[PDB]
Visitor: 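Below: experimental structure, baloxavir bound to Polymerase acidic protein.
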Amino acid sequence: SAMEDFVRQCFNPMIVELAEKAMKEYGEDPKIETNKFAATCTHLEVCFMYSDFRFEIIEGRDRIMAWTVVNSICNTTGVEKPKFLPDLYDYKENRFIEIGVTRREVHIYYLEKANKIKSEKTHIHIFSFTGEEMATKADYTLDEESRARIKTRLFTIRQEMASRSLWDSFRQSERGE
Ligand SMILES: O=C1c2c(O)c(=O)ccn2N([C@H]2c3ccccc3SCc3c2ccc(F)c3F)[C@@H]2COCCN12
Ligand SMILES: O=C1c2c(O)c(=O)ccn2N([C@H]2c3ccccc3SCc3c2ccc(F)c3F)[C@@H]2COCCN12
Ligand SMILES: [Mn+2]
Ligand SMILES: [Mn+2]
């Protein structure tokens, strides 16, 4: 697959390894669901970048470790345990964060995410590949420079896919029919 080749050339080996592990843990084959493989790598990279600017990283851990970290936070802050695994915890605002990366309009994916979690407590932050974002209460958490770095990386991934004639397939596989 050209998409598997792109993933393994354009993503940090650590990202690729963790995304492969996450897909295996969740019974999906990176070699068949190749766009999903690219999506999980992209989202992981965004989560790491976000956390790197205050934050505990939940994403990128095996499931048992992720819930272990979540439980430890809830025990030491009294924040309520989320029903679904979030991506980060914010020690400044004392709230979990769900990060979404979408090839669709940010408002659509935001509504989908917010409908899934139904827990107002978890903060939602959505990024598109063209510099758009939508966040709970229009509170973007990060400053403008950090969000800019994230947006630039996402756009770069999109243009790399476009250079390789991969973007259209990737864009159409996010939502089913
Ligand atoms: O943590 C996530 C997750 C998100 O954080 C997310 O934003 C969107 C989607 N997620 N999920 C995605 C995921 C993450 C990033 C990009 C696409 C996908 S698509 C389905 C899938 C995920 C992970 C492994 C796998 F094999 C999958 F099929 C699963 C949902 O259940 C808990 C873990 N997780
Ligand atoms: O900036 C960082 C970075 C730190 O600033 C840091 O404190 C710890 C770790 N970092 N790094 C990690 C990183 C940061 C946060 C959470 C997980 C990861 S894991 C691999 C990875 C990083 C960044 C982007 C990326 F695509 C990666 F695959 C890399 C080291 O050098 C260059 C940029 N960078
Ligand atoms: Mn996640
Ligand atoms: Mn997420």
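Positions are given from 1, in the same order as the sequence printed here. Just the heavy atoms: all of them, side chains too, but no hydrogens, waters or symmetry mates, feed the values below. Counting starts at 1 for both ligands and their atoms, in listed order. If you're wondering, the header gives X-ray crystallography, 1.6 Å.
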Visitor: By ligand number or chain letter, where is each copy of baloxavir?
Guide: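 All copies together: ligands 1 and 2.
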Visitor: If you count the atoms of baloxavir (ligand 2) from 1 in the order shown, which ones are under 4.0 Å from a heavy atom of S51?
Guide: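 Those qualifying, in numeric order: 15 (C), 16 (C).
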Visitor: Counting from 1, what baloxavir (ligand 2) atoms have a heavy atom of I57 closer than 4.0 Å?
Guide: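 Listed by number with element, the hits are 16 (C).
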Visitor: Which residues carry both labels: UniProt Mn(2+)-binding in chain A, and heavy atom within 4.0 Å of baloxavir (ligand 2)?
Guide: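 Heavy-atom check against UniProt gives nothing.
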Visitor: Find all atoms of baloxavir (ligand 2) within a distance of less than 4.0 Å from any non-hydrogen atom belonging to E45, and give their numbers and elements.
Guide: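 Answer, ordered by atom number: 26 (F).
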Visitor: Which atoms from baloxavir (ligand 2) have a heavy atom of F48 less than 4.0 Å away?
Guide: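 Listed by number with element: 15 (C), 16 (C), 17 (C), 18 (C), 19 (S).
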Visitor: Taking 4.0 angstrom as the limit and counting only heavy atoms of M14, give me the atoms of baloxavir (ligand 2) inside it, by number and element.
Guide: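 Going through baloxavir (ligand 2) atom by atom, the ones under 4.0 Å from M14 are 19 (S), 20 (C).
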Visitor: Provide the residues lining baloxavir (ligand 2) within 4.0 Å, heavy atoms only.
Guide: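 At that heavy-atom cut-off, the site is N12, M14, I15, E45, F48, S51, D52, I57.
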